[PDB]
Peer 1: 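Structure in structure tokens, see below.
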2 protein chains.
Amino acid sequence: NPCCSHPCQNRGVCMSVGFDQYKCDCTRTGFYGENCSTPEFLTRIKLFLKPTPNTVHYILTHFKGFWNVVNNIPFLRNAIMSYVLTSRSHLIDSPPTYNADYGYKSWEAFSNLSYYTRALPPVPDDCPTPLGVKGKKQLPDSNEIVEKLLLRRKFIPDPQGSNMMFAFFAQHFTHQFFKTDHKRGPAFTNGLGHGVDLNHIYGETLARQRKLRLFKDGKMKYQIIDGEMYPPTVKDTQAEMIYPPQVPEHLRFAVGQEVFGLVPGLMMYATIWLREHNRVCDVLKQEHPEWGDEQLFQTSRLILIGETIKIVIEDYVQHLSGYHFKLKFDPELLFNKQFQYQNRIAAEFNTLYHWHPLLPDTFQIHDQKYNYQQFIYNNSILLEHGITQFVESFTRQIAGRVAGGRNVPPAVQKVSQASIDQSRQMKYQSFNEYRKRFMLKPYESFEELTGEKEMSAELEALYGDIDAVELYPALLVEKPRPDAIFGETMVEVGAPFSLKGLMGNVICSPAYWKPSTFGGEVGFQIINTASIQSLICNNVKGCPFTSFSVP
Amino acid sequence: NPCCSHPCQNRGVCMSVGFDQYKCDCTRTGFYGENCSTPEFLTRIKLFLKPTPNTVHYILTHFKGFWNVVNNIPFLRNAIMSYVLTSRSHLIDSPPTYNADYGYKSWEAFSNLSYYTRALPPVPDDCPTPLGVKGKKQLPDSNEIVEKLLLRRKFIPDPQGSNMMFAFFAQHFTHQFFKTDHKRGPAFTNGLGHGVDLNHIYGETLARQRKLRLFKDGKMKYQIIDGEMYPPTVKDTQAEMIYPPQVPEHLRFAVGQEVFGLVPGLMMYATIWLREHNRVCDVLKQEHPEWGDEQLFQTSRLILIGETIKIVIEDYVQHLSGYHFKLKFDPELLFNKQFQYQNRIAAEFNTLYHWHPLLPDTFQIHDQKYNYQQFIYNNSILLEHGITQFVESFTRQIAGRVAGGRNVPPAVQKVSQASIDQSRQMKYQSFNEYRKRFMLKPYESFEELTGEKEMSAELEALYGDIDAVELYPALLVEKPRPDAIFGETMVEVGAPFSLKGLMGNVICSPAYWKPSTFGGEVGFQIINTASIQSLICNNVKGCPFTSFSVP
Ligand code: COH
Ligand code: COH
Ligand SMILES: *[C@@H]1O[C@H](CO)[C@@H](O[C@@H]2O[C@H](CO)[C@@H](O[C@H]3O[C@H](CO)[C@@H](O)[C@H](O)[C@@H]3O)[C@H](O)[C@H]2NC(C)=O)[C@H](O)[C@H]1NC(C)=O
Ligand SMILES: *[C@@H]1O[C@H](CO)[C@@H](O[C@@H]2O[C@H](CO)[C@@H](O[C@H]3O[C@H](CO)[C@@H](O)[C@H](O)[C@@H]3O)[C@H](O)[C@H]2NC(C)=O)[C@H](O)[C@H]1NC(C)=O
Ligand SMILES: *[C@@H]1O[C@H](CO)[C@@H](O[C@@H]2O[C@H](CO)[C@@H](O)[C@H](O)[C@H]2NC(C)=O)[C@H](O)[C@H]1NC(C)=O
Ligand SMILES: *[C@@H]1O[C@H](CO)[C@@H](O[C@@H]2O[C@H](CO)[C@@H](O)[C@H](O)[C@H]2NC(C)=O)[C@H](O)[C@H]1NC(C)=O
Ligand SMILES: Cc1c(Cl)cccc1Nc1ccccc1C(=O)O
Ligand SMILES: Cc1c(Cl)cccc1Nc1ccccc1C(=O)O
Ligand SMILES: *[C@@H]1O[C@H](CO)[C@@H](O)[C@H](O)[C@H]1NC(C)=O
């Protein structure tokens, strides 16, 4: 297969022509030639003027005084934010194209929502090497890579100051659209909403939703334990959950996502968001004493969706980016732009989001420490301390650095191995191919990748060729930005996926984005004034201080 | 419920506040005020310069010499076609909003693909009248509406000269996205693709597709009978069809759409498209001897989707419109425009497409006449005469006029009544509410509507108030355009749904509209040179002349 070498540059589409030849489709690439590598004139001007992402990053993370001014000039701030959204979004094909089973456009690949979609097509089945033509005939042993490059010896804290509130928010939020269907395989998902539909609160199916709802005042079922609201049980709802046999029945909390009983940190956010829904129901009832249970429920969900997108953009990504420029959730920024209000979750987005180096060696709640053996699947811990103590504790506890290598806790070691193995089962192209796909220069050496001599040597001994290095391992050992949680590739590849999932949500479309959609101005304002602090403040006893970084 | 009166004008959203008050959301409507009735400064100017659709239609259906020149000036033709697409599309909400069960925006209504979507929300339940406030407490008897207004007395042929090739193409083509799920209710569909996916050729599910495919050379299973290609049998495929018990095994033809055994006219087009699929397979195999069965099949399907959209726009709609301006299928026209590449089938689009007055009193194949008892479920007629004769016969037979009233054949009289009854089940707003929704002046009397005295008198006797006339009956009794098949409302309501379904298709998006998507320039050219004539010419023996109008 002549396309095995990935001849076509700059998004050119490769097509076999006979058995020994290929043809590159250069349509609207800005290039031409046999391999789409010759630039047209305006492309040359664009490339000459375009600053490197590391330069843009430097500028956005320095000159605080300058950004303080920009931030307070709405006209400028809006123009910048608008540019951030459209420029990054252009990197995503929407409607989607490839999946694990199709390296060419097909109706199956487009129409079948059970697949994760693909930013780069799978490597053809009949290639001389598993990645195309580069690297050895067999990839390095999964376990070797994990042990040599990814396994944590000494905990490395995040220099950006990310805390456990950030880590569990990341896990909680993303697990509404990262829902791998392992019955089928890693290529498939159970999140057919393909974005931020809050199914991890309300359930994927209507049947599950009905089990969780109270059908009074639009609210969700709950328990009152030690004076506070908690989610209901499997018994009361009949909504299935993943729990080991050890967990007693009355501790088997039931929420939207079946897996959120895994850790108390997830059950914390599930608890918090449950309280928010029922709180919003109270608000809306005051506004609409004439509304039935149905409209109260639905309208609350639309509000909580807006709250989610609001918080993610202006607190989560804000913290995550390190930018002094103040990000803004404002759908109106895009109303005069070309933009597709739809999304399909990319498998590569799932892969890059395996941020298990965030996880600590032990979890500190109040004044007690828990190892993984006793923290996992233990909801009594949650009842023992209550939500307030959890927020105060997690806000103070530092998370680990994601990039930089050797920071995956031994407890979730096999998870890292599974993330590598599943990439290969899904025929991912190389790390350098994904760099080029997102307009980054490919790395020329292993030492260039890590910015260091030790790991780069293990990399060379394992891979031999820099173009044979795989996506997921490379992301975690890549040289971090200066005092940053991530390296260049994580950000430039991840950001476009993220923004498409956030702004591509239906509520951001002009027909939806208006007061009447959310029950009037009061409801509309709950979205537009939402923050991670106000979320905690409204639903957590005592209204503790919280933030995505440690004080 | 104060919103029962539909107080909010110009796409403003009505919302109840307390038990006795309403609110109008005027956001981006171009109007303000209590009922969104007062135009903004810009809106005044636009309104003053906007010509009436009847004027636009006059211009487009006159000045033949002028349009002949415009059609040959690519610059002008493109600009005009571009405007047609963009202007008509702004009238559809995309992503979709309401459905039968939700007259307010909700995630259930957006996300649940099993519903037909709604252009206007359902009349709320506890309303003074079925339509809102207008009309009597009880709607007129539906069978009385049919006999008095819709039932054919003498056959009225279409002045635009539409033939049976047109009639059966309309039925065949639209029945891929009009797939009402009657075991669930009129408000639901089985066509989850919600557009032009050719599921009526390939099957809705992968399981059905697999029964119909040959899994050799990308082809679909088939029979050779009398030296000609026909669809395979139910026995050979195990693909379920709807056939009454009398139909013998060997005449039970199996195709994508379960119901296409209903009439030989449908099965005619099913046969022609099946032939086209396997013809394209042969073309692609020549272009790509290295390709496997799967890629050959998928690429053919995408080409046939391209052919379908091409033919619908440039032959079907072309004839339908009566326009002298030459409509163009060209996705490139929208690449610099705002446009959503997605669609959701509207229940109202389904309703307005019940063009059963098209049907003749008898079906004349060759020198034979067939009544409905003889013609329906009778594929023996298809084998007896063959496809060539069917084309020759349907091309020469005239269809009936749709607007103007009293032209529904007695044979499908109950289908007409079903349309009315089912629309009442789904709680459609009045005919005049739908006029306003698509920027038409509401009719001030029954005479203005029908442009006639008998039926207008019949309508007032049944409805009393012109604002109480229902959607479906009004569409059929409406004053046609001069020597036109349709009245104003059918066109101005229908065209947006149609274009949105056609151009909203994924293959029209810039990522897809590439020769590489369709196997190269040859495959690409099949799409861009397709016509109803070339479809027949390529797959019908003798290459008979055909057209959507009678000679
Ligand atoms: C982004 C942050 C994040 C965090 C903080 C986090 C924190 C934790 C955590 C906290 C104590 C524990 C016990 C685990 C344990 C697991 N996680 Co993560 N996970 C995270 C992102 C993910 C993602 C994404 C997946 C796979 C998604 C999928 O396909 O279901 C995942 C998968 C897993 C799996 C199964 C992977 C497989 O079978 O292939 C286990 C087990 N994990 N994780
Ligand atoms: C647009 C042209 C068109 C034509 C030419 C046509 C020609 C014919 C025809 C020719 C001999 C016959 C016997 C019928 C008979 C029927 N049609 Co039409 N139909 C057409 C458009 C439709 C549409 C649209 C529907 C409803 C779609 C749905 O929901 O399935 C329909 C529905 C029906 C139904 C189901 C009604 C119900 O279940 O309540 C029957 C039966 N019919 N039709
Ligand atoms: C899209 O909306 C459909 C209509 O609401 C919905 O179908 C409904 O699904 C529910 C639950 O799946 C069915 O519930 C009935 O059956 C259960 C079975 O145990 C019983 O508890 C009750 O008898 C209950 O009434 C509804 O019957 C069904 N309604 C219809 C008209 O089909 C779909 O599930 C929705 N689609 C998605 C993807 O959520
Ligand atoms: C989206 O793609 C999925 C993967 O191809 C597909 O799942 C596949 O569906 C087929 C057809 O139902 C299954 O067929 C197998 O099961 C039947 C059951 O009787 C048996 O005859 C055979 O053993 C047959 O192999 C596949 O097993 C199944 N594959 C997987 C991995 O789940 C979905 O159906 C597609 N979605 C849609 C809407 O079409
Ligand atoms: C789950 O966490 C709880 C903490 O709330 C653990 O329960 C404590 O166990 C110690 C020693 O067994 C007792 O002295 C405490 O009184 C317990 N606390 C409560 C509130 O009952 C429990 O051991 C943990 N479960 C696992 C499997 O580690
Ligand atoms: C279905 O169509 C066939 C014709 O294709 C009808 O069969 C004909 O019936 C007449 C009178 O009954 C005979 O004189 C012909 O010899 C038959 N021709 C063939 C080819 O069978 C048949 O009657 C039709 N079915 C119905 C129910 O009317
Ligand atoms: C969006 C964005 C900007 Cl603008 C800058 C910097 C980062 C992001 N985002 C992300 C980047 C990488 C991985 C995940 C994300 C995420 O948002 O979830
Ligand atoms: C699109 C269009 C134009 Cl531009 C003019 C005139 C007619 C149409 N179309 C339609 C109008 C009414 C009902 C159906 C259709 C259809 O196309 O199926
Ligand atoms: C395109 O790439 C191929 C490698 O497959 C190379 O042999 C050829 O010289 C390249 N063509 C150009 C114009 O760079």
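In what follows, chains carry the letters A, B, and so on, assigned in the order in which the sequence lines appear, proteins first and then strands, with residues in each chain numbered from 1. Keep in mind that the numbers below use all heavy atoms, side chains included, and drop hydrogens, waters and symmetry copies. Header says: X-ray crystallography, 2.5 Å. Numbering of ligands and ligand atoms starts at 1, following listing order.
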Peer 1: Which drug molecule is found at ligand 8 in this structure?
Peer 2: tolfenamic acid
Peer 1: For tolfenamic acid (ligand 8) in this structure, which bound macromolecule has the most atom pairs within 4.5 Å, going by the PDB entry?
Peer 2: Prostaglandin G/H synthase 2
Peer 1: Which other chains lie near tolfenamic acid (ligand 8), in the sense of having some heavy atom under 4.0 Å away?
Peer 2: B
Peer 1: Which tolfenamic acid (ligand 8) atoms does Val317(B) reach within 4.0 Å, using its non-hydrogen atoms?
Peer 2: 1 (C), 2 (C), 3 (C), 8 (C), 17 (O)
Peer 1: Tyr353(B) to tolfenamic acid (ligand 8): N or O pair under 3.5 Å?
Peer 2: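 Yes, there is a polar N/O contact under 3.5 Å.
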Peer 1: Taking the residues UniProt annotates as binding substrate in chain B, which ones lie under 4.0 Å from tolfenamic acid (ligand 8), judged by heavy atoms?
Peer 2: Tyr323(B)
Peer 1: Could you tell which UniProt active-site residue in chain B is nearest to tolfenamic acid (ligand 8) and give the heavy-atom distance to 1 Å?
Peer 2: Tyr353(B), 3 Å
Peer 1: Considering only heavy atoms, does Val312(B) approach tolfenamic acid (ligand 8) within less than 4.0 Å through its side chain, its backbone, both, or neither?
Peer 2: neither
Peer 1: Is it true that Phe325(B) lies under 4.0 Å from tolfenamic acid (ligand 8), counting heavy atoms only?
Peer 2: no
Peer 1: Under a 4.0 Å heavy-atom limit, does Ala495(B) contact tolfenamic acid (ligand 8) with its side chain, its backbone, both, or neither?
Peer 2: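 Both of them.
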Peer 1: Looking only at N/O atoms, are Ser498(B) and tolfenamic acid (ligand 8) under 3.5 Å apart anywhere?
Peer 2: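 For tolfenamic acid (ligand 8), there is an N or O atom that lies under 3.5 Å from one belonging to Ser498(B).
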Peer 1: Which residues and nucleotides from other chains come within 4.0 Å of tolfenamic acid (ligand 8), counting heavy atoms only?
Peer 2: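 Within 4.0 Å (heavy atoms), the residues are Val84(B), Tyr316(B), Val317(B), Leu320(B), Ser321(B), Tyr323(B), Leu352(B), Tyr353(B), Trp355(B), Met490(B), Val491(B), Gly494(B), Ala495(B), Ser498(B), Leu499(B).
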